> 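Sending over a structure with tegafur; questions below.
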2 protein chains.
Amino acid sequence: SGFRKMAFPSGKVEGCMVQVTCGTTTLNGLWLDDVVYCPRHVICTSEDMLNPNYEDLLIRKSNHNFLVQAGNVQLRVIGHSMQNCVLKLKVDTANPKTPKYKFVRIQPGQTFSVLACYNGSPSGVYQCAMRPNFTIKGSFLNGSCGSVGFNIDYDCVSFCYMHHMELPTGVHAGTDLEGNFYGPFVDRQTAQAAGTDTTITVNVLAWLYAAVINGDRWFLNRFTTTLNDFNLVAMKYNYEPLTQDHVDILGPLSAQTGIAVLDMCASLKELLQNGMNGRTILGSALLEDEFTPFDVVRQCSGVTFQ
Amino acid sequence: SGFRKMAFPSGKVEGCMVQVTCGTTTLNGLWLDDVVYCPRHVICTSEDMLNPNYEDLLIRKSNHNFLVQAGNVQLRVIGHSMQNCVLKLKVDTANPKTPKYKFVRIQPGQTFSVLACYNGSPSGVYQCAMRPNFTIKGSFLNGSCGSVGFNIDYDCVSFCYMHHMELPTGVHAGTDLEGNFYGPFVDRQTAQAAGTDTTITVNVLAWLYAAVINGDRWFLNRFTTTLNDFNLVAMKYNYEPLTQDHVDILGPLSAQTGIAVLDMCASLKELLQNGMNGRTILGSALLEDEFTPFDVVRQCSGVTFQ
Ligand SMILES: O=c1[nH]c(=O)n([C@H]2CCCO2)cc1F
Ligand SMILES: O=c1[nH]c(=O)n([C@H]2CCCO2)cc1F
């Protein structure tokens, strides 16, 4: 019945996006209860970003210097503090659209939806993964900082990402909602290079299961393998090593399809060694690694959010 | 700065989704003002779908047979009528979350976002295109009928698609919001085959412009071509013929990049004739055709919706 790169419905998060301006700089904030979260680099000018001393720059800012606007209405800022790389602006009004929510720090390999925003206004929604090198491959222009990534379980939004930086190579870095960067990145305009962009093996396997469920089966073969043998191949192709935990996580998709995990690993092994020979899998000409096992079960089972 | 398959924010549409049950069949409806729109096959049993006489089946239905539920609240049905392949259920309460909206019948080659829903509850959002054969390549399970596709211009939702049918080949067919199918498809479980899935040439060119803007430039070459020469190649590869209207639509992306449209056509020609030689463009190993010129400008310029 089809398999698409699918984001979570964005309405619960749209209702939390605001605009934050400090001096000359405008970016997005996230309004939950009576706190607005935004990147701490809102206080910087373009020149400040080369070598910013955030504590010193913040001394010169007062509550009334943070202009916070939710659509056309202005919010009153009654306190401010810095937590790691985020600012928390306490406002005098709780967001009436605050969904049930949690702050989660995700693991590399996990996926989430991004609501790209500008001037506090949502522009679009797309699905991302936290890469093993702790970058994300997003779509962010100037003004998009403070846009967030999130997952939804039924009625609860788990926020996991806030956007802060574009590296010189065009990939993206940011923090969790406690303001701690993913990976080694810092909010300074400096030479920061990403490490190896390794492929998320367990996700590729999940997507191959999704393909079989939908009738793209040409890559199934007569072979099997072992974890250690497979991983010799994973290593050569800059794939994450597959572990027994990963095998266990794939158990449900294995049970539903009747294809043993290690047999699917043998299919992936052949695909890595031989390529796809000009064929496609679920409309892709490369091996997709930004669907988790949970994403596949969810999309193949129609789980909804209330 | 990155280029992603991006859907519109879904919140305005989430607020319109309801559940409609008639007898044993449950699917989704769209609640705008005091009307709920849903597929007319809600009145059918599984057996009825082989040879349904909708007018005869509807004679046996009254207002109280259509159970309409918006979240946990029940809506009172005060009238019903069939328009083409949709039912319009008049309810006694206008949807307080009705956004500004229009009904549009899109052209093949145009893109839109789908809010996949089950039992009236949103599951996910993704971007689709109306294919030249009038199918869409979606992700729809049993229960997803009545999910809608839409575009947003600033504050106005233009609804263009309602989901009705999965063909035996796994692609999807549906109607506009006046209930007229796209293409030749009918709401009957019969032998319906899609025609040739031609590639949307103007969209491929737009995406190549997007690639250049983002620094994927390896496919630029020293050549040019003409519309007629290019189209000889398009035809061989089952690409839509490129017209002067398409060239004109690409004008802005041509102006911004300084790459003449026909020079980009020569790049595409070489890509069609030689393939990508194991390289990628914007993270894809095939030529992507579900971004329109407007989608590229929008995403590259950060247009937002209020
Ligand atoms: O840190 C937190 N504080 C909160 O008050 N909530 C409540 C507020 C609404 C739903 O959850 C959640 C958190 F994660
Ligand atoms: O057919 C239509 N009828 C309407 O009342 N509207 C109004 C109602 C809210 C915004 O638009 C739009 C239509 F497209």
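Per chain, numbering begins at 1; letters A, B, ... match sequence-line order. Quick note: numbers below take in every heavy atom, side chains included, and nothing from hydrogens, waters or symmetry partners. Just so you know, ligand 1 is whichever comes first in the structure, and atom 1 is the first atom listed for that ligand.
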> Which chain contacts tegafur (ligand 1) the most here, in the terms used by UniProt?
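The chief chain, as UniProt names it, is 3C-like proteinase nsp5.
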> Which other chains are heavy-atom neighbours of tegafur (ligand 1) at a cut-off of 4.0 Å?
A
> Which residues in other chains are near tegafur (ligand 1), meaning a non-hydrogen atom under 4.0 Å away?
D33(A), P99(A), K100(A), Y101(A), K102(A)
> I'd like to know the UniProt domain of chain A that holds most residues touching tegafur (ligand 1), can you help?
Peptidase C30
> Go through tegafur (ligand 1) atom by atom and flag the ones less than 4.0 Å from a non-hydrogen atom of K102(A).
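Per the distance check, 14 (F).
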> Any idea what organism chain A is from, going by the entry?
Severe acute respiratory syndrome coronavirus 2
> With respect to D33(A), determine whether any N or O atom, backbone or side chain, lies less than 3.5 Å from an N or O atom of tegafur (ligand 1).
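There is such a contact, yes.
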> For atom 11 (O) of tegafur (ligand 1), grab the closest protein heavy atom and report residue, atom and distance to one decimal in Å.
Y101(A) O, 3.5 Å
> If you count the atoms of tegafur (ligand 1) from 1 in the order shown, which ones are under 4.0 Å from a heavy atom of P99(A)?
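In order of numbering, the contacting atoms are 9 (C), 10 (C).
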